[PDB]
*Asks:* 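I have a PDB entry of lenacapavir bound to Capsid protein p24; a few questions follow.
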There are 6 protein chains.
Amino acid sequence: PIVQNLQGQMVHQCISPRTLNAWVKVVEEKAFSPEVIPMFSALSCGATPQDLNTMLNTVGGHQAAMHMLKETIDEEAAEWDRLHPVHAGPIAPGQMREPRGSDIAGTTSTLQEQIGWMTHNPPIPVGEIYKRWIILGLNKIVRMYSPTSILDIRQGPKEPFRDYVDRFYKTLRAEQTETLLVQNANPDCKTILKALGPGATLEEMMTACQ
Amino acid sequence: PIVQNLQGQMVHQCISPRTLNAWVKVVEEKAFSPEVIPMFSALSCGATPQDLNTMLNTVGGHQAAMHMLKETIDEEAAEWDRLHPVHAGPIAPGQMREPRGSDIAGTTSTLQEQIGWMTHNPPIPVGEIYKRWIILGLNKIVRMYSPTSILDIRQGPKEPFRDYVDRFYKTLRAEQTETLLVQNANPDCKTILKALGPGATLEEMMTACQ
Amino acid sequence: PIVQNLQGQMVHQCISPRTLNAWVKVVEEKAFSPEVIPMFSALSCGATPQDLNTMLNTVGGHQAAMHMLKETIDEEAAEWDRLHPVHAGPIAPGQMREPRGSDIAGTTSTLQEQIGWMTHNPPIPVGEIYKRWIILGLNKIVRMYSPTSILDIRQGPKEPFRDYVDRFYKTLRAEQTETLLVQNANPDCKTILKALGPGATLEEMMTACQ
Amino acid sequence: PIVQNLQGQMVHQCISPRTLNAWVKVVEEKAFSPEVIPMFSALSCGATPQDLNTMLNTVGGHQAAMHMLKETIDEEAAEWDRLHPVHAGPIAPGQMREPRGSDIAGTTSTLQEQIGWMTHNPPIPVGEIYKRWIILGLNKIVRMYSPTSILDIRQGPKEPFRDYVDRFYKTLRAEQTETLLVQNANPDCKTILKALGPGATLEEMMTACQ
Amino acid sequence: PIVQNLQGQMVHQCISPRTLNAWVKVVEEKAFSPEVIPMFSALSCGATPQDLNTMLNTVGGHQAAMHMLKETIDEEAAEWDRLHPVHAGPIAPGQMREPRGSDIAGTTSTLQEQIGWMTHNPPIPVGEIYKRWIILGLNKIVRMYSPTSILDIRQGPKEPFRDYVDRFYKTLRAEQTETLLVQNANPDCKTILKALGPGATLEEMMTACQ
Amino acid sequence: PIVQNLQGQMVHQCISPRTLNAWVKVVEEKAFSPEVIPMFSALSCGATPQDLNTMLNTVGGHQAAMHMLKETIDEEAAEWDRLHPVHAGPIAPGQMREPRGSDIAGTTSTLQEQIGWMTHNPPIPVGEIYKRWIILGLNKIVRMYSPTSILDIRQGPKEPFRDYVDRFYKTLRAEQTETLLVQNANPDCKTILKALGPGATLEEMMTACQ
Ligand SMILES: CC(C)(C#Cc1ccc(-c2ccc(Cl)c3c(NS(C)(=O)=O)nn(CC(F)(F)F)c23)c([C@H](Cc2cc(F)cc(F)c2)NC(=O)Cn2nc(C(F)(F)F)c3c2C(F)(F)[C@@H]2C[C@H]32)n1)S(C)(=O)=O
Ligand SMILES: CC(C)(C#Cc1ccc(-c2ccc(Cl)c3c(NS(C)(=O)=O)nn(CC(F)(F)F)c23)c([C@H](Cc2cc(F)cc(F)c2)NC(=O)Cn2nc(C(F)(F)F)c3c2C(F)(F)[C@@H]2C[C@H]32)n1)S(C)(=O)=O
Ligand SMILES: CC(C)(C#Cc1ccc(-c2ccc(Cl)c3c(NS(C)(=O)=O)nn(CC(F)(F)F)c23)c([C@H](Cc2cc(F)cc(F)c2)NC(=O)Cn2nc(C(F)(F)F)c3c2C(F)(F)[C@@H]2C[C@H]32)n1)S(C)(=O)=O
Ligand SMILES: CC(C)(C#Cc1ccc(-c2ccc(Cl)c3c(NS(C)(=O)=O)nn(CC(F)(F)F)c23)c([C@H](Cc2cc(F)cc(F)c2)NC(=O)Cn2nc(C(F)(F)F)c3c2C(F)(F)[C@@H]2C[C@H]32)n1)S(C)(=O)=O
Ligand SMILES: CC(C)(C#Cc1ccc(-c2ccc(Cl)c3c(NS(C)(=O)=O)nn(CC(F)(F)F)c23)c([C@H](Cc2cc(F)cc(F)c2)NC(=O)Cn2nc(C(F)(F)F)c3c2C(F)(F)[C@@H]2C[C@H]32)n1)S(C)(=O)=O
Ligand SMILES: CC(C)(C#Cc1ccc(-c2ccc(Cl)c3c(NS(C)(=O)=O)nn(CC(F)(F)F)c23)c([C@H](Cc2cc(F)cc(F)c2)NC(=O)Cn2nc(C(F)(F)F)c3c2C(F)(F)[C@@H]2C[C@H]32)n1)S(C)(=O)=O
Ligand SMILES: [Cl-]
Ligand SMILES: [Cl-]
Ligand SMILES: [Cl-]
Ligand SMILES: [Cl-]
Ligand SMILES: [Cl-]
Ligand SMILES: [Cl-]
Ligand SMILES: [Cl-]
Ligand SMILES: [Cl-]
Ligand SMILES: [Cl-]
Ligand SMILES: [Cl-]
Ligand SMILES: [Cl-]
Ligand SMILES: [Cl-]
Ligand SMILES: [Cl-]
Ligand SMILES: [Cl-]
Ligand SMILES: [Cl-]
Ligand SMILES: [Cl-]
Ligand SMILES: [Cl-]
Ligand SMILES: [Cl-]
Ligand SMILES: [Cl-]
Ligand SMILES: [Cl-]
Ligand SMILES: [Cl-]
Ligand SMILES: [Cl-]
Ligand SMILES: [Cl-]
Ligand SMILES: [Cl-]
């Protein structure tokens, strides 16, 4: 990644074994649960495009999702090229060529060029642009691998309301609400929630059905 | 987080895999026991609003509590806006716009803006303001998930006083005392504690009933 | 904690996940064995009052002892106030108000004030003052949870002297010696230790009874 | 490796136990799966030829592949010598002799010489040149140890399409595509994929056969 | 410990949780095997007397040995006082009082005084003086807990010579050689070692009896 | 070890618990397999003679090999003294006495002297000289503990060629080749390898017999 040294200069740093290992492990354990997106964004803090490609490549398995991820990256890269056409001309001394979509995705660009963009003044955050494309593609993967629709999350007749709400917002998060939460509650809690009226907080709802 | 480098300047640092992993693990193991609040405050030392949102998002499960947490944040953000209305005008060079509630909660603000507020002179500690809102909301979650009332913590007839006091203050902490501690002691220890008189220390009480 | 950077200035540092985790684990494993006091002092090296309160709060369980710890802190804080009454007056620019007992214990003081005291010239080591109160209170807890009196540590008739001495000084340490060590030895070793005479070293005693 | 200190100078650093251990472990667990190449490139970030040889030597087992790796290195080194013949002459003060293939592969060069090349201005990245040769040789090993041909990856009659696509691109990656993916789908999904037409995305294909 | 910062000044550092934990673990696992002495010396690199006392205090159990260790320290401290009598007089500004035995052992000295001695020019290495006393006392403990005499290490009639030599020098190290190694070899290997003659290396001896 | 600080000065560093622990563990797990030599060289990067002796002393067990290691060190030290006789004379201010063999092996030299040699300009790398002697002695240990001769590595009649080549070069490495690899192949693969002709690569040989 590109970190600021303790003197105030942005320099390149090798990705640490701890960072590499945490990413690999979170995919093995959590696959494409929603909370894998924040881990990816946090672990790739300050990442160059090379670091991002490293992290994606260390994933073994899930190659169907990884391939869908490439197609999303190609979609976003092609959109970047339609909005930012590279102008012909010799690059001035101490300056950087404009990045293409494939340069941001690290396929036609070197690490030294990525460092040049990211440490430019003003910087071209090719790492953050690429990370956004990846998180976009990861969100579609999370959505596709969501097993259950919110319409099928219904409170059991003897299911504690807390457990039901846990399953409800867990499902909702992956599908990516208030009145449906009441409608899918069991008869005994729905009656209590009816009498609470509208505008009740979740805490008030949970307190009323416990 | 925003740390001070070893030269004396406040700079941004990537959240470390150790910090991310410790937070995730403490929620898996301890859920919403009271001691999860100090871990959250310590792990988010110097955190930006983005880091705080990262930590909350890495939580898988407990989505009922996580949703109640958002409602508390929205309550606190809306109160921040009623007390701090943003004034219209162009921001002066080298200065920061006033933060709204949603900027403090990281929903309408960028990392660069959060760094600008937090490293301003004087700084606007949007991270500490947001952390306070979260700890406020976490405390209500801890209180709601407290299973047992202090009125039901009674010493067993052959229960060692030490074990009873352990359960008593554990329950008290989650519910968030002296005379009730005597009243709920078993007959044999209550008689001893009566004769100790008032103003006895816990150490004196424990010594008298062991 | 307040560490000295590699340039020679005392600056504040976030408590590390390693430090937090080690303290929690040592309490889970060792409870209030005597060797938990050195771990606490070493782990809270350079700690502010906030860090000390963090560490104590991360403890789950043992709330009877934790409450006795507060009473010892209140005793010591009140003694600090009787010896150091805060004088009325406006604090001069660049100076710190005198700390009260509750400021040292972090209940009425902010982190910024604690940093001001601890990095003052000369510094007011509110962290070390608070740590002393805590270690004082922890010692009383260790003493109270000591199960066995030294009078009941007697060498078994076929117990190796080494094992006996191990149990003896282990018990002695928690209770917090030479002639009692002989008196509680078994008949066969006591006869040997009699003939050694007084002023023998432990190594001489152990060698004589092995 | 050769890292840039926090002041801006490229200096040599001892390879860390974490880096050494991660490489050894990834070979024990993953052998020569494709994702072992990115781990090798990431763990040897900034590596000198000595560090690269260290990492390869810490591998126990797989000595058949390790020997094939040497033959690839010798092939590449000999090609380097045919393209870069070392010119005779005394090396000027403060300058470095031109590297031979065997100097890049660390067999006829010292660490001090490798540091001289890598920290030269402009630098001769003997580490990156050597790493490229190794990754080249590792790719041939991954290809040779690929057990299954893409022609044998066929969807089972009741196999979920997602699982099939996972096996397909996993196999494809090791062998190192769209129309073959349809042809090897089972009859029921092939009929659906026929009607989708050409130019469908993988996400559209997966959605249509789930 | 007292480390040199990356600028060239000797400053105090908190003992790290890793250092504390490694020492505790090595005592639990290896007790007083000989190789515990090098671990102690390496883990207490640069240690102050306070750090040394911390490490010894974190040991739970083995209190018989720990008490023998104090008696050795008192012996060495008293010898230090007989060779270095403290002269009466006011200490000059910026200078340190001469250390007594009990100051070196950290019982009558503060951390600030230990830092003053250790960072003086020339420094008084009270940490290294104390560490020497401890290693002296630890060596006597290792010697006392050595279970077997070298006279009882005899090669079994079908015991491989390598295994025998392993047990021999292991025992010798704890007891703290060549001709006895031959004498205790079994008849078949002794005959071979006789014919080798004197002045044979261990490698020659092992090769001859394998 | 002697590391270069982030400012460009060679200073001494305490050996880290991670380094100590990794060395101990690799000996417990791998004993004297060949790949233990690279781990030793990597873990002792920049090591002083004291650090090297520390690492060797932390080894418990294998004392037969450890003693053979001392004899190799004494051989090499005595050769160093025959090639570098120390000249009599007072050492000039700011200079270092010439090292003897026993000074390089850390037996008659202090840490401060080792730092003086290693940080001299030009430096006397007593650490690297000592490490070379140790690696020399470790290689003889690896060779002696090699169980199987290369003449006994023969491909089984139904053994996959890959597995055979794995055992072959593993054995060869410890014994420390092409035509013997063919001669020891089973009849079916030998016939194929005959027809390949000479000058075939290992990859061609493996491909032909799979
Ligand atoms: C990936 C990344 C770059 C980012 C970001 C990112 C940025 C901003 C915000 C956010 C912050 C505060 C508030 Cl009050 C709201 C809000 N208040 S509201 C009422 O909607 O108006 N909304 N937001 C999202 C915003 F900004 F997009 F609007 C927020 C979040 C929250 C952070 C958060 C997580 C948490 F657990 C508990 C919290 F209190 C806050 N994360 C989510 O909310 C995810 N989530 N989704 C849903 C669902 F879909 F089911 F409803 C559900 C959640 C849930 F909260 F977990 C919970 C079960 C409900 N994250 S990062 C930093 O992680 O690496
Ligand atoms: C989250 C965060 C930002 C913070 C803070 C924070 C700030 C200040 C203080 C504190 C410090 C010293 C004293 Cl003497 C008192 C006091 N003395 S008193 C008699 O009340 O007048 N009170 N306080 C709270 C104050 F300041 F709010 F008043 C304190 C605490 C204590 C720290 C502490 C924990 C501990 F274990 C043992 C200690 F000796 C001190 N924590 C609590 O006390 C929590 N607790 N709650 C209750 C209950 F409700 F059951 F009674 C019980 C506890 C308990 F102690 F654990 C024990 C069973 C009893 N924490 S952080 C730094 O953790 O990240
Ligand atoms: C908490 C903290 C801030 C502190 C400190 C602290 C400060 C000083 C000293 C100390 C140092 C050297 C000597 Cl020679 C003596 C001494 N010599 S003597 C003969 O008494 O006159 N006394 N002391 C205590 C002093 F200074 F208070 F006097 C010491 C200790 C010792 C350190 C130590 C531990 C150890 F294991 C072995 C050692 F060789 C030295 N620790 C204790 O002795 C604890 N202990 N208690 C008893 C008992 F009660 F049973 F007798 C027993 C021990 C025991 F040694 F473990 C052993 C079974 C016997 N610690 S910290 C740095 O840990 O974080
Ligand atoms: C070793 C090292 C130095 C390097 C590099 C390196 C350099 C660039 C790129 C890359 C980046 C973005 C795009 Cl969009 C494409 C592209 N888009 S495309 C449609 O082809 O035109 N192609 N590339 C390769 C390029 F550049 F060579 F063209 C890329 C990769 C990708 C990174 C990546 C991995 C991932 F998992 C998911 C992603 F979204 C992106 N890695 C691979 O693709 C490996 N892979 N191989 C195949 C197969 F063969 F089966 F098809 C398959 C993959 C797969 F993606 F995993 C997935 C199942 C399919 N890595 S490092 C940095 O790791 O240490
Ligand atoms: C604690 C500390 C501060 C220190 C130090 C310290 C200082 C110097 C030396 C040393 C170095 C090189 C040589 Cl050649 C000799 C030597 N050559 S010789 C022939 O005697 O003349 N002698 N020495 C000791 C010296 F200097 F004191 F003379 C040495 C050692 C050796 C280091 C070593 C360990 C090892 F495993 C293998 C090695 F090749 C070298 N350690 C020991 O030898 C311990 N040991 N003891 C005996 C026994 F008693 F059985 F014989 C046995 C050993 C043994 F080697 F393990 C092996 C089975 C035999 N350590 S530290 C740095 O560890 O933290
Ligand atoms: C200890 C230390 C200081 C050092 C060093 C050190 C220094 C240089 C080299 C080296 C580098 C590149 C090439 Cl191409 C050759 C070469 N090409 S060749 C055809 O012979 O002419 N030779 N060398 C040794 C040189 F330089 F001495 F010649 C090399 C090695 C190789 C590194 C390596 C390991 C590996 F696994 C795979 C590689 F591609 C390269 N290590 C070895 O080869 C060890 N080995 N031994 C044998 C055997 F004996 F069976 F044949 C076998 C190996 C084996 F490769 F593992 C494999 C099964 C065969 N290490 S360190 C840095 O580790 O800490
Ligand atoms: Cl790491
Ligand atoms: Cl790349
Ligand atoms: Cl794969
Ligand atoms: Cl509830
Ligand atoms: Cl980390
Ligand atoms: Cl954010
Ligand atoms: Cl979830
Ligand atoms: Cl009690
Ligand atoms: Cl940490
Ligand atoms: Cl506080
Ligand atoms: Cl609790
Ligand atoms: Cl004994
Ligand atoms: Cl490390
Ligand atoms: Cl090399
Ligand atoms: Cl091997
Ligand atoms: Cl799907
Ligand atoms: Cl640590
Ligand atoms: Cl001390
Ligand atoms: Cl104890
Ligand atoms: Cl042998
Ligand atoms: Cl470490
Ligand atoms: Cl030494
Ligand atoms: Cl041993
Ligand atoms: Cl093969």
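Quick note on labels: first sequence line is chain A, next is B, and so on, each numbered from 1. Counting starts at 1 for both ligands and their atoms, following the listed order. Note: hydrogens, waters and symmetry copies are ignored here, and every other heavy atom, side chains too, is used.
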*Asks:* Mind telling me which chains or ligands belong to lenacapavir?
*Replies:*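 Copies included, the answer is ligands 1, 2, 3, 4, 5 and 6.
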*Asks:* Which neighbouring chains have any non-hydrogen atom closer than 4.0 Å to lenacapavir (ligand 4)?
*Replies:*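 Under 4.0 Å by non-hydrogen atoms: A, D.
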*Asks:* Which residues define the site around lenacapavir (ligand 4) at a heavy-atom cut-off of 4.0 Å?
*Replies:*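 Residues with a heavy atom in range: A:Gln50, A:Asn53, A:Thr54, A:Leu56, A:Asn57, A:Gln63, A:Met66, A:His67, A:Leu69, A:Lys70, A:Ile73, A:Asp74, A:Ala105, A:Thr107, A:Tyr130, D:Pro38, D:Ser41, D:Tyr169, D:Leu172, D:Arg173.
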*Asks:* Do A:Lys70 and lenacapavir (ligand 4) have an N or O pair less than 3.5 Å apart?
*Replies:*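 Between A:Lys70 and lenacapavir (ligand 4), an N or O pair is found under 3.5 Å apart.
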*Asks:* Judging by distance only, is a nitrogen or oxygen of A:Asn57 under 3.5 angstrom from one on lenacapavir (ligand 4)?
*Replies:*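 N/O-N/O distance under 3.5 Å: yes.
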*Asks:* Kindly indicate whether atom 28 (F) of lenacapavir (ligand 4) is approached by any protein heavy atom to under 4.0 angstrom.
*Replies:*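 It does not: no protein heavy atom is found less than 4.0 Å away from atom 28 (F) of lenacapavir (ligand 4).
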*Asks:* Which organism of origin does this entry record for chain A?
*Replies:*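 Per the PDB entry, it is Human immunodeficiency virus 1.
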*Asks:* What atoms of lenacapavir (ligand 4) come closer than 4.0 angstrom to any heavy atom of A:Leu69?
*Replies:*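 That gives atoms 39 (F) of lenacapavir (ligand 4).
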*Asks:* Is the shortest distance from atom 24 (C) of lenacapavir (ligand 4) to a protein heavy atom below 4.0 Å?
*Replies:*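 Protein heavy atoms within 4.0 Å of atom 24 (C) of lenacapavir (ligand 4) - there are none.
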*Asks:* Looking only at protein heavy atoms, which one is nearest to atom 14 (Cl) of lenacapavir (ligand 4), and what is the separation?
*Replies:*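 Here the closest protein heavy atom is A:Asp74 OD1, 3.3 Å.
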*Asks:* Hey, is atom 32 (C) of lenacapavir (ligand 4) under 4.0 Å from any protein heavy atom?
*Replies:*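 At least one protein heavy atom is under 4.0 Å away.
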*Asks:* In a simple table, one pair per line, please give the protein and lenacapavir (ligand 4) atom names for every N or O pair closer than 3.5 Å, along with the distance.
*Replies:*
residue	atom	partner	partner atom	Å
lenacapavir (ligand 4)	41 (N)	A:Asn57	OD1	2.7
lenacapavir (ligand 4)	41 (N)	A:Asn57	ND2	3.4
lenacapavir (ligand 4)	43 (O)	A:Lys70	NZ	3.3
lenacapavir (ligand 4)	60 (N)	A:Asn57	ND2	2.9
lenacapavir (ligand 4)	63 (O)	A:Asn57	ND2	2.8

